[PDB]
Every structure is written in C-alpha cells, then in structure tokens.
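Caption: spironolactone together with Mineralocorticoid receptor, bound form.
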Amino acid sequence: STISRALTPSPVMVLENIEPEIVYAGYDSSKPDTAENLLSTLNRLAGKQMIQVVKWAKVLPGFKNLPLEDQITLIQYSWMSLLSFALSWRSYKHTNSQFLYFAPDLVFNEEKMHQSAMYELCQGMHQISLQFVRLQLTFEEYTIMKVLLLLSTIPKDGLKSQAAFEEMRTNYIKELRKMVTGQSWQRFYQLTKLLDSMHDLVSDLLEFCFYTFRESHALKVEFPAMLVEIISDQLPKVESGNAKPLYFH
Ligand SMILES: CC(=O)S[C@@H]1CC2=CC(=O)CC[C@]2(C)[C@H]2CC[C@@]3(C)[C@@H](CC[C@@]34CCC(=O)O4)[C@H]12
C-alpha cells in the first residue's frame, strides 16, 4: 500500500495523461470565407471537440464520484468555457498568441476574425491568449484551470450531489494553489481573476451561439447533432435563470 500510494499519479499527472489530442476542423479551404461558411465550420469543429470533452470527462478524477445527471449538467453548462479556454491555450502554445489556433487546419488571423462576423468575440479570446503570455501560463496551471471551468457553473438550487461537487471543486482549487508554489499568492489570485473573467466572455459567446442557433435557418449556419443536443437542452435552462456562475471574487 505504501508503494501503491507513492506511485499513484498526482491529479495533475492524470490531467496531463487524459488531455485530448488536438482535433482537426476539416476546414474546406476551397469554399470562400463567408461568415456562414466559417461559423458552420466552427460549429462542426465544436462537435468534434465535444466528442473529446466527453471522453476526457469519463476519466477525469473526482468527476465520476458525481451522479450522471450532475456530470451531464456541468458539461452542458461549461462546454463553451472549456472549448474557448482550450482555444486560448492552443493559440498561446502553438502561435505564441499571434493567432487564434482553432485547429491545425484552421488558424485565424485578423482577416478571418472579421470574416467570421464575431470579430469582438474573437478579440476577447485572443486577449485571454495574450494574458497567457503575460503570465507565462504553464500546462499544469492550464489543465487545472480547465477543470475549474468545468466546475464553474451549477443549477441555481444546486447539484444532485452538492457535497461531492464541493469536495471535488475544493480539491482542484487546492491543486491550483499547490501548483503556483509573496509571489505565490499574487499568481494564484491572477489565475482566479482570469477564471472569473471567463464568465463574462462566455456569456457573450453563448449569447451569440444561442442567437445563431435559434436563427440558424435564416442565417444558414449549420450545427452538427452534437451541438443541437447540447444547445437544445442548455438554451432553455440558461434562459429560465437555472444557471448559477461560481466566482472566486
Ligand atoms: C472566439 C471563440 O471563443 S469561438 C467559440 C469557442 C470555440 C473554440 C473552438 O476551438 C471550437 C469552436 C468553438 C466552440 C466556437 C464554435 C462556434 C461558436 C459556438 C463559438 C462562439 C459562437 C459560435 C460561432 C457560431 C455559433 O453558432 O456560435 C465558439
């Protein structure tokens, strides 16, 4: 047992091992970069990324101590935070925050950001990547923060297993605290601040997403079944005031 306990990978080590492989957009560079084409491509990429999110959630420590309804809830609430945060990370790691690195076959410069018709939302996410450069964010801090985003929104009256969620959330907050190890406190607070700031960015991304979804026929913006499922459930929940964002500050 002493050997067993000592060799057991730390939660952070597991997070590295389970991090999904970077996914391809299947961006069709032969179609013109109209807003309609780009947004439909982003939605298709979102579908493929959500496949990976679910797989990663299956094997996420603490996350299976949670009832199936709570797991589904948290993913539906936070999928946008997870995917936009991962975007900021890939942009930071693969292009030194020069570009928005959606996929290896789909990298946005300024021109694409304008063409997508969500220029300001792209800017918001790029700004997060530029903060990654200011902070020199580490993969370790990144993976923990991403789990904290998964646990950043709950039903206004709580989850089916509120105590286990609370326990799991505190453990990852602890993991973050241990990982940032005067200078220690300041980094931790800068990271908690960045996480908080994701709620406002994500509310704006969701607002655009929900709008585009409800008008997808007029807009000619396609959504894959994966996204149709998530948004169809999430939209009326979020709009009935059933979502509660958790803030550090
Ligand atoms: C600048 C951003 O943060 S894009 C945002 C995050 C993201 C990162 C990826 O890597 C994969 C692609 C996603 C998940 C986008 C998919 C498309 C989303 C949902 C967009 C916000 C608004 C939009 C555009 C069309 C629509 O109907 O809603 C998502």
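Going by the PDB entry, the residues shown for chain A are 728-908, 915-982, listed in order. Counting starts at 1 for both ligands and their atoms, following the listed order. Values below: every heavy atom of this structure, side chains too, minus hydrogens, waters and symmetry copies.
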Spironolactone binding site (4.0 Å, heavy atoms): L766, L769, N770, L772, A773, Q776, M807, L810, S811, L814, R817, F829, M845, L848, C849, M852, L938, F941, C942, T945, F956
Within spironolactone, which atoms have a heavy atom of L810 less than 4.0 Å away? 8 (C), 14 (C)
- Taking only heavy atoms of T945 into account, list the atoms of spironolactone that are under 4.0 Å away from them. 27 (O)
request  = Extract the source organism field for chain A from the entry.
outcome  = Homo sapiens
>> I'd love to know which residues UniProt tags as binding 21-hydroxyprogesterone in chain A are close to spironolactone, meaning a heavy atom under 4.0 Å.
In response: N770, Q776, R817, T945
task = Identify which residues UniProt lists as binding progesterone in chain A have a non-hydrogen atom closer than 4.0 Å to spironolactone.
result = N770, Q776, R817, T945
Numbered atoms and elements of spironolactone in range of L766, under 4.0 angstrom, heavy atoms
24 (C), 25 (C)
Quiz item: Considering only the protein, which heavy-atom contact is closest to atom 23 (C) of spironolactone, and what is its distance?
Solution: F941 CD2, 4.1 Å
- Message: I'd like to check whether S811 has a polar contact with spironolactone, where a contact means an N/O of the residue lying under 3.5 Å from an N/O of the ligand.
- Response: no
Considering only heavy atoms of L769, which atoms of spironolactone have at least one such atom less than 4.0 Å away?
12 (C), 16 (C), 17 (C)
| request: For atom 26 (C) of spironolactone, find the nearest protein heavy atom and state the residue, atom name and distance (0.1 Å precision). | output: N770 OD1, 3.4 Å
What are the atoms of spironolactone, with element, lying closer than 4.0 Å to any heavy atom of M852?
-> 1 (C), 2 (C), 3 (O)
### Message
Show the atoms of spironolactone that are less than 4.0 angstrom away from any heavy atom in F956.
### Response
27 (O)
What's the shortest distance from atom 7 (C) of spironolactone to any protein heavy atom, and which residue and atom give it?
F829 CE2, 4.3 Å
Pull out every atom of spironolactone sitting under 4.0 Å from any heavy atom of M845, numbered as shown with elements.
-> 1 (C), 2 (C), 4 (S), 21 (C), 24 (C)
- prompt: What residue and heavy atom of the protein are closest to atom 29 (C) of spironolactone, and at what distance?
  reply: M807 SD, 3.8 Å
Notebook entry, point to check: Which of the UniProt domains in chain A holds the largest share of residues touching spironolactone?
Noted result: NR LBD
Query raised in the report: Identify the closest protein heavy atom to atom 9 (C) of spironolactone: which residue and atom is it, and at what distance?
Result: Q776 OE1, 3.5 Å
Open item on the list: Any nitrogen or oxygen of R817 lying under 3.5 Å from a nitrogen or oxygen in spironolactone? Just yes or no.
Closed with: yes
